[PDB]
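Check out this one - pyrimethamine stuck to Pteridine reductase.
The alphabet sets the chain names here, A first, running in the order the sequence lines are given. Note that chain A is numbered according to the PDB entry, with residues 2-104, 114-142, 152-268 shown in order. Residue numbering in chain B adheres to the PDB entry, whereby the residues present occupy positions 2-103, 114-142, 152-268 in order. Chain C uses the PDB entry numbers throughout; the residues present, in order, are 2-104, 114-142, 152-210, 217-268. Numbers in chain D track the PDB entry; the residues on display, in order, are 2-104, 113-142, 152-268. Every number for a ligand or one of its atoms is a count from 1 in the order of the listing. So how was this one determined? The header says X-ray crystallography, 1.3 Å.
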Amino acid sequence: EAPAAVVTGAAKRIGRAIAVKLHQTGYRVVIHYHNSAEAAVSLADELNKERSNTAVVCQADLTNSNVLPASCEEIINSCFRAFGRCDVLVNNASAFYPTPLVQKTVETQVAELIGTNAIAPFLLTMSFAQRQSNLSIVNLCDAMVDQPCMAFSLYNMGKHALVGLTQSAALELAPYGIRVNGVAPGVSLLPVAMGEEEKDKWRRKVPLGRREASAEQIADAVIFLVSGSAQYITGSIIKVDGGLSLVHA
Amino acid sequence: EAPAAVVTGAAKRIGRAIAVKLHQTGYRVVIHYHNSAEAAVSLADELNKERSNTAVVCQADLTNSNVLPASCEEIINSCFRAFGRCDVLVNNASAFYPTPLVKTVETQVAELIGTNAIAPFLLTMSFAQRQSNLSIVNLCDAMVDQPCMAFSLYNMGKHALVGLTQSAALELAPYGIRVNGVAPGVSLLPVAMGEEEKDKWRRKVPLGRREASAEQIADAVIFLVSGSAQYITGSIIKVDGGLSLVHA
Amino acid sequence: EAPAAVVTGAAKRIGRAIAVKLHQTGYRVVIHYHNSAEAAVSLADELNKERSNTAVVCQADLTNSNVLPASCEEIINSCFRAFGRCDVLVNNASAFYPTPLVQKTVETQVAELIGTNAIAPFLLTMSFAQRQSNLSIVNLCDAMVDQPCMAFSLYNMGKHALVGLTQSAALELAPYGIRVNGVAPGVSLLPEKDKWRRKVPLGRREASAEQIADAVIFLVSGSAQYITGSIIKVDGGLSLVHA
Amino acid sequence: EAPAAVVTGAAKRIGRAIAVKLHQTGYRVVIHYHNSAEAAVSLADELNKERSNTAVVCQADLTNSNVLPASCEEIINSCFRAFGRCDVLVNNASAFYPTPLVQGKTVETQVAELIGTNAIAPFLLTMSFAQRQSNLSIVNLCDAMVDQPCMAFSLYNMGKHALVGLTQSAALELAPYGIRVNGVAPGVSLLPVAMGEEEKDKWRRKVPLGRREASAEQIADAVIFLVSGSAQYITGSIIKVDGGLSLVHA
Ligand SMILES: NC(=O)c1ccc[n+]([C@@H]2O[C@H](COP(=O)([O-])OP(=O)(O)OC[C@H]3O[C@@H](n4cnc5c(N)ncnc54)[C@H](OP(=O)(O)O)[C@@H]3O)[C@@H](O)[C@H]2O)c1
Ligand SMILES: NC(=O)c1ccc[n+]([C@@H]2O[C@H](COP(=O)([O-])OP(=O)(O)OC[C@H]3O[C@@H](n4cnc5c(N)ncnc54)[C@H](OP(=O)(O)O)[C@@H]3O)[C@@H](O)[C@H]2O)c1
Ligand SMILES: NC(=O)c1ccc[n+]([C@@H]2O[C@H](COP(=O)([O-])OP(=O)(O)OC[C@H]3O[C@@H](n4cnc5c(N)ncnc54)[C@H](OP(=O)(O)O)[C@@H]3O)[C@@H](O)[C@H]2O)c1
Ligand SMILES: NC(=O)c1ccc[n+]([C@@H]2O[C@H](COP(=O)([O-])OP(=O)(O)OC[C@H]3O[C@@H](n4cnc5c(N)ncnc54)[C@H](OP(=O)(O)O)[C@@H]3O)[C@@H](O)[C@H]2O)c1
Ligand SMILES: CCc1nc(N)nc(N)c1-c1ccc(Cl)cc1
Ligand SMILES: CCc1nc(N)nc(N)c1-c1ccc(Cl)cc1
Ligand SMILES: CCc1nc(N)nc(N)c1-c1ccc(Cl)cc1
Ligand SMILES: CCc1nc(N)nc(N)c1-c1ccc(Cl)cc1
């Protein structure tokens, strides 16, 4: 039978491209979404038009709270309910906004930024492992974590914690045959709210091509990590950043 | 006038040695503690016997919760109320216990990610908002990239603290606040640990086959807050006897 | 036309596996060797039996010396002469032995360890770029570079230098569309063996040269067109394991 | 009896600052130099005027060659010859110039100079320091920007990366001998003498902490900490002294 993957935040942008490319590869997919119901449903319909019964949606808020463990367990359970197995988890969903140190509550910001970027990946990892071929987890990291944007402390803290998770889970889950790796974009699809002049400023920084990564280029690295061509790779984080992280101030 | 410092988890072990050394250097100290009230008060009394009105205690749980921002604002405020200034913040307090992937898990998240990362972040916000050689020192972990098995939430917290160190160094540089870390390998070993297990850790350390004293950790904190470190920000100094360089 | 690749130290072990997989992928290949002429020619015979005139050999000593720049220019030129193009350079050749700090001359050891592991990759990079589509260079790094083996100072130095070359050349050659990346094995083909295997988290799977070659195939592919300056560890998780 | 230190490339700039601060701390010093004879002697005269017989000069080219091991052995021997002991080695001397990958000295001369001064001579001096053997240590002058390198400086960057590898490998292997091995990694400190003020200001404006380069004494302060008793458990560590520069994105 066909393997099955969960992709978080899969309705739009990079998560959509990952879900598409996994499906093209032969996976059945759970399209997790939070607010983007119409886009999630439209994607599942597109994938099911290609092969019936190969895509479902699953709604969840991945903000940290006392029920986040239950929500994460339910996302994994939704893959077993639909497809009878769960071979790949892709932790893609992520909040991003500034949290300046000097002048939503700050605890809501902690819950959203650390919850989506770190705690939900951790809880999803627990539930993936507990509910258990070529099993693997891919975490969407950030190649610029050590040269961060000013005023983004909580986002940066969350992405650093996700590197720690990737490493710790690779070590702990290797005996169960589950590999755990990361893909670290530099700039890929730019923020919807960002003006054209600012987008071009970011583009001009990238050595390879002076352009952002497509979503498909990011997804290409995810497909490699889940493939049989990566069977001895665990704990690794692949930068897909066009050289951006090597550029000095 | 004498500068003042806040040290979190200062009643015992490394945080106690840091508070002692800061005091010996000339700082007035806030000794934060959670459960260890008798040891925090005994330290305060020792330091005030050495020089009157130079130490106070401040109790707080640094577990993450809806009240943690207020608690961290109150720790910093305690230094201003006692001493009229707050020049140094040492984020030392830390929960450490296994969280296997295969207390509720959300309590473990609150304790391990709150003490190791969120409380340092909120303390950093409160310190900066209240603002000469100002600096913050974060107690990191030199083994964060070769972590102990089954310690994912602790490791996640310590990685998040590296990110805070860097992000806060960059954002607080314009205000003249330096932000750095000290990363022990093994220093004071857990008190429950049998000597046979302690000796196994000691044997791994290239430099002397022995754990760091708390005082050796504190010496790196004293350097980073001193005028000999005035250009250092965003740096994490390993104090690990070469342990992180040892392969499996 | 089919793209072409140079693989250094391609007669045996990892380099041989890389050459085979590039050839299977559709590359024409230059098989570099120093001492292993019989194995280089045996490999070329196997590859040419599959597709005629798709594999040649090239002899060079990659020890640093006054003639190393000309040797490296000749390896690159051999690819252009055989195949009319040179799309991929894999810097695989490497010397490995201990050089204790406290007690071949030490300067011969510098020439071999630093020359084969770092300087010849630098000179090959220069010649590859100067003679220039999906162009890329892949350097064989070491996943244990920051947890080095005791008494291997010069080997470790040269592998660190190779990381610096990977990064510096990625930046400088990006405007030319040449990507520069690394693959960092941990324990692959062993030179006591069991001791090492039991420490690898993914130790249920034997380490293989083909697994290393798979990462090289990804990095040279169109699936890696935005990837430059990246070093992929292929080590079963070994570098995550504390002492 | 006062401890003794060797500082390479100590006639001017950062290496002079390091020699001066070690001397102020109580060390006797060997001021190594290559071409800067007048500045080396000037400095040793100043230090000797402060306390007699506490500074000597030693001349040596640190370019790689088949004689480099003998030169490095001789530098260490000069410390024992003058002072009877050698407690600290500071590997400061360093060539720096561009070596573009795509197109005067031959490339092999550039290799010998850039990799010799930045890496091979530190390795040979480390071997001779250890063989000739309490608070013994080595400090290597690294570069905080080694992972965000300047365009066209590949050989310099390769040499600094190799020096990180040496720092770590020598820390591990020399720990049983009680010799600590650490690094200090400037971002921008004293700017090139050839650089125009406009270009210097471009660099200064990038630095978060103060929008200025490190003084030479700020770099020396980190060296003095690492050789001190306050660092007695620290080995294999590289301290950035960079004002936050390495944290700044493109
Ligand atoms: N784009 C880049 O250049 C870039 C650069 C560096 C790293 N990355 C990483 O790559 C991944 C994909 O980036 P992207 O730009 O495609 O991300 P994005 O568009 O900013 O976010 C992806 C999705 O995350 C989901 N999400 C946000 N908050 C959530 C919450 N509270 N609960 C559950 N889901 C939530 C949202 O789903 P709904 O729309 O359904 O609400 C959203 O569509 C992220 O991890 C990002 O950090 C991207
Ligand atoms: N010891 C080592 O070898 C070592 C190795 C690597 C890193 N480090 C780091 O170095 C720092 C000091 O280490 P240590 O061994 O001295 O630490 P420790 O003894 O484990 O803990 C220090 C103090 O943290 C406070 N703490 C724990 N949970 C708390 C909470 N919920 N709220 C507030 N405070 C809390 C406790 O204060 P009360 O007693 O008052 O409750 C405790 O005494 C830590 O950050 C540790 O991670 C140490
Ligand atoms: N095996 C592993 O586990 C492992 C681990 C970490 C990193 N790596 C990296 O992976 C790559 C391939 O490793 P491997 O074990 O397959 O290497 P290997 O067999 O030790 O050597 C590869 C080839 O390099 C060539 N070589 C050595 N010294 C030379 C010189 N002076 N001039 C020219 N060529 C020379 C030799 O070719 P000839 O036989 O023709 O003379 C040799 O067959 C290396 O860069 C290595 O450092 C491997
Ligand atoms: N300045 C900075 O901003 C900065 C930034 C990053 C790293 N660093 C590192 O910090 C250290 C000191 O920097 P600096 O700017 O003071 O260095 P520098 O002025 O460029 O060079 C220091 C000395 O190196 C000696 N040297 C050069 N080539 C030599 C050779 N072939 N043989 C022997 N000695 C040789 C020269 O001695 P003579 O004059 O006697 O010939 C020179 O005075 C260097 O390792 C540098 O890489 C500095
Ligand atoms: C808002 C898009 C976004 N979402 C998430 N989850 N993470 C990010 N790192 C970004 C991001 C992308 C490009 C730039 Cl230039 C800045 C931030
Ligand atoms: C329990 C002491 C402790 N507390 C905290 N906060 N962090 C740690 N990293 C440790 C610790 C020290 C030595 C060993 Cl061997 C293991 C863990
Ligand atoms: C001789 C094989 C070899 N050659 C080179 N060129 N580099 C290496 N790192 C090794 C190697 C492989 C396995 C072990 Cl355990 C140690 C070293
Ligand atoms: C020429 C001074 C110099 N010498 C050496 N040995 N290394 C360096 N890294 C520099 C240097 C300092 C500042 C700038 Cl901006 C650029 C280079």
Can you help me spot every copy of pyrimethamine here?
ligands 5, 6, 7 and 8
Mind listing the other chains that have a heavy atom within less than 4.0 Å of pyrimethamine (ligand 6)?
B
In the protein, which heavy atom is nearest to atom 15 (Cl) of pyrimethamine (ligand 6), and how far is it?
B/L209 CD2, 3.7 Å
According to the entry, what organism does chain B come from?
Trypanosoma brucei brucei
For pyrimethamine (ligand 6), is there an atom lying under 4.0 Å from some heavy atom of B/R14?
yes
Identify the protein heavy atom lying closest to atom 13 (C) of pyrimethamine (ligand 6), giving its residue, its atom name and the separation to 0.1 Å.
B/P210 CD, 3.9 Å
Residue selection (non-hydrogen contact nearest atom 5 (C) of pyrimethamine (ligand 6)) among B/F97, B/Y98, B/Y174
B/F97
Using a heavy-atom cut-off of under 4.0 Å, does the side chain or the backbone of B/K224 touch pyrimethamine (ligand 6), or both, or neither?
neither
Regarding atom 12 (C) of pyrimethamine (ligand 6): of the candidates B/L208, B/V206, B/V211, which has the closest heavy atom?
B/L208
Closest protein heavy atom (residue, atom, distance) for atom 6 (N) of pyrimethamine (ligand 6)
B/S95 OG, 2.9 Å
Hi! What's sitting within 4.0 Å of pyrimethamine (ligand 6) if we only look at heavy atoms?
B/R14, B/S95, B/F97, B/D161, B/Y174, B/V206, B/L209, B/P210, B/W221
